[PDB]
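Here's Oligosaccharide 4-alpha-D-glucosyltransferase with acarbose bound to it.
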Amino acid sequence: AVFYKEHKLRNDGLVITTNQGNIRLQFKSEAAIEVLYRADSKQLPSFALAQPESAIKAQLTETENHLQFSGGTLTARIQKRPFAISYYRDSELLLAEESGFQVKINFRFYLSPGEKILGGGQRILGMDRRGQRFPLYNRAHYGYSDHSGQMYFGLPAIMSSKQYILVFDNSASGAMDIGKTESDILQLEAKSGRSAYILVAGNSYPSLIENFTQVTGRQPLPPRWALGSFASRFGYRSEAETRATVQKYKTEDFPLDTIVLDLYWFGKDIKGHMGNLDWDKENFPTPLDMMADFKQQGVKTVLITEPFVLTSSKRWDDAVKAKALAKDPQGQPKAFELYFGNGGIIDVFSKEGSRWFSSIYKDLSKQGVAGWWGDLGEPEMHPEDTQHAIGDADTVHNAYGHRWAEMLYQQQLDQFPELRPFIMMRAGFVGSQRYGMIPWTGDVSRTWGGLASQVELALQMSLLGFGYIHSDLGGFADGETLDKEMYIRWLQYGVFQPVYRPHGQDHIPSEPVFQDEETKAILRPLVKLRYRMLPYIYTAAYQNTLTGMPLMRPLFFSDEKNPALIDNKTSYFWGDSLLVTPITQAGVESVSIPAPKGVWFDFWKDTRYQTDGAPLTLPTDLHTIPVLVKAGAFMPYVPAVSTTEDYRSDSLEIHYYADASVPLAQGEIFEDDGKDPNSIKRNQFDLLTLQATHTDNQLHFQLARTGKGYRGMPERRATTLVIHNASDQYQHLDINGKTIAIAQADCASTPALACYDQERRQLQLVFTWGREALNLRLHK
Ligand SMILES: C[C@H]1O[C@H](O[C@H]2[C@H](O)[C@@H](O)[C@H](O[C@@H]3[C@@H](O)[C@@H](O)[C@H](O)O[C@@H]3CO)O[C@@H]2CO)[C@H](O)[C@@H](O)[C@@H]1N[C@H]1C=C(CO)[C@@H](O)[C@H](O)[C@H]1O
Ligand SMILES: O=C([O-])C(=O)[O-]
């Protein structure tokens, strides 16, 4: 039995006193409220909030039975007796507490009938997790395939079809019960930790996500090389093998930006060496030369690191001496069994552990390491009696990886203020994206089921802050011989998801350069396509940094009034314009694509489809996966390069998909130096915009550039604009008012400025795009 007793509005927070204690409400923005119970006691701080001490001006009004605490769009309605808080956007109820807070920590909310609930981070349970319950406890799930209620990277957060996001801002071992035990009840539980939740509202799914990342953090733009081709396996055994692999990419003519060194870089065996955090010189004898030699070829080196320092490693004594490891209640360094051996865990929550760990990253970075891979941050093994500076293992568990990323991010920015950190990790918390965390979906099995689960996982993570979620392409775990068709399908999908990193246990090759001739013939032009599409991908990355908009978007974005679309985990949007349907079973001969109503084109074949709702049936082939382009799309390309270090935008090729059903369309291309972490903030970029206006007798393109530019920016770009499904009735082109004839023959065989290819229904315009506004008008 809880009831209101009194409140105090100071400042700018609402502090309510019930018969059970104090509750603090603070708006972190016009659309987001933090609600802290047991406010009067000392608790762990928020981890989810980027600005935890924020509190914007809200209006408070009181009635006999209620208080109202209202921000711009979100309003908290506080019922006095019994005590219950409910949340409104406009006049629409978003979410209501049932019993609300109870004591070990428990939050209970009503769920609406028919309300669909995404969230929980990585689970393989279906997109709508309502009817499910599962732990909040980051944990490895080795060799998972088509089901999981608990894996590496959980998030204590949900997204509702009511268009709100609820965050349980708690780092402890806990649980989420989404109307499983009781049909109309959402229950959040934790053994300890902070007793707070955060509700974020939005008027659309993109707006919801923009509002959510506003308060939890926006991902800094990754270096452009993060979007390129990675060579990886578990693992290169020597410097010779590593150099041979870089060489294999060169001789096989596959693009390569980065090679990733797994745990053999610091030891001869899988077990016993973890914590050495230094080169195994027997097998990597000249690592500085190795990294310098790779940089000469435009190739970065990334090294794996882990939280665990084994008692058998060379750094045990020093870590103990430095007080860098978590302790037992008795006060000694805590040592325990984990897969890799016997050892302790670096206390990243302590000053000592942070300084000790950070100095190691600095030293290796100075030697030439370009980026960092932090594995096992669940932490994979984390005994209950382990004590960190700010709480026991069960209390801080779900934030360990989060803090580890913060430490490393801060360390990298302090060391290299003019470069963007690359940090790939397996586990984090809400908001970890603000430290640049790039997560991958762990040790997936080498099975079709493992591949088939990746879109669900990526969408679930993307919706809640993580634009660069991706998988070990081709699959990681076990297997005894390559499943060739599966591998190909996985690396094809790979082109259209955030990070192109094939990786697997090395008894089967994960790199595409080690595959048979047929596989390479299929994948080589696709890996090159990935590079040619850098302007499209890097622009989506830019938008993610701006607004939180994920690179992969769910089908349900296409119709917010059709909740049934939420269930779809088989087709997704890659950027604004591509609808991608991965093939996830062997021998599939055709696919049914639930394309949104409108006009769509086969990405590979240029075929035009129109639909008023019925799905489209496309045949499959082994060399592609089915991809449709939305009418009105501007698809920008540059020539393929071997490494993003060689990237040029002097030559642009842009494909516009024309249809009268799209009378107005817009595109943009974000260009900067690919490396400056301050480029966006300082406007040191070249933002290209294209606008198409398509009427009965005219098709008009307006081109412009903004931004202050950057060193090496081309003043003038040679541009080839290819208009698909172009009318055959255009007779002339005006460029800035100067009329030019459109040739109607030999379009591919002459250096023509404007030509129409009647067999392909493509109209090609070739011109110079300088710094001034440029207008192109086609007239019938
Ligand atoms: C490569 C991974 O090694 C370790 O995984 C162990 C795992 O701990 C064992 O339990 C597992 O046995 C499983 C069983 O758990 C059972 O669930 C399943 O049905 O049978 C399996 C029998 O093989 O054995 C594996 C070792 O093969 C470790 O826990 C795990 O984190 C490791 N993966 C990470 C480490 C590396 C290597 O540095 C990275 O390459 C990888 O990307 C990373 O995720
Ligand atoms: O759309 C058009 O104008 C056409 O196809 O002729």
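Numbers here simply count residues along the sequence, with the first being 1. Computed over heavy atoms, backbone and side chain alike; hydrogens, waters and symmetry mates excluded. Every number for a ligand or one of its atoms is a count from 1 in the order of the listing.
Counting all copies, acarbose can be found at ligand 1. The set of residues with a heavy atom less than 4.0 Å from acarbose is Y142, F234, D262, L263, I304, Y339, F340, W373, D375, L376, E380, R426, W440, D443, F476, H503, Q505. Under the 4.0 angstrom criterion, atom 3 (O) of acarbose counts as having a protein heavy-atom contact. Shown here, atom 28 (C) of acarbose is in close reach of the protein: a heavy atom of it lies under 4.0 Å off. Close contacts between acarbose and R426 involve ligand atoms 31 (O), 33 (N), 34 (C), 43 (C), 44 (O) [criterion: under 4.0 Å to a heavy atom]. The shortest heavy-atom distance from acarbose to a UniProt active-site residue of chain A, with that residue, is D443, 3 Å. Atom 34 (C) of acarbose has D375 OD2, 3.2 Å as its closest protein atom, hydrogens excluded (heavy atom only).
The shortest N/O to N/O separation between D262 and acarbose falls below 3.5 Å. Acarbose has a nitrogen or oxygen under 3.5 angstrom from a nitrogen or oxygen of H503. Residues of chain A that UniProt gives as binding acarbose and that have a heavy atom less than 4.0 Å from acarbose: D262, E380, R426, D443, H503.
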Ligand-protein N/O pairs under 3.5 Å (acarbose):
residue	atom	partner	partner atom	Å
acarbose	29 (O)	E380	OE1	3.1
acarbose	29 (O)	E380	OE2	2.6
acarbose	31 (O)	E380	OE1	2.5
acarbose	31 (O)	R426	NH1	3.1
acarbose	33 (N)	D443	OD1	3.3
acarbose	33 (N)	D443	OD2	2.5
acarbose	38 (O)	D262	OD1	2.4
acarbose	40 (O)	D262	OD2	2.6
acarbose	40 (O)	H503	NE2	3.2
acarbose	42 (O)	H503	NE2	3.2
acarbose	44 (O)	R426	NH1	3.0
acarbose	44 (O)	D443	OD1	2.6
acarbose	44 (O)	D443	OD2	3.4

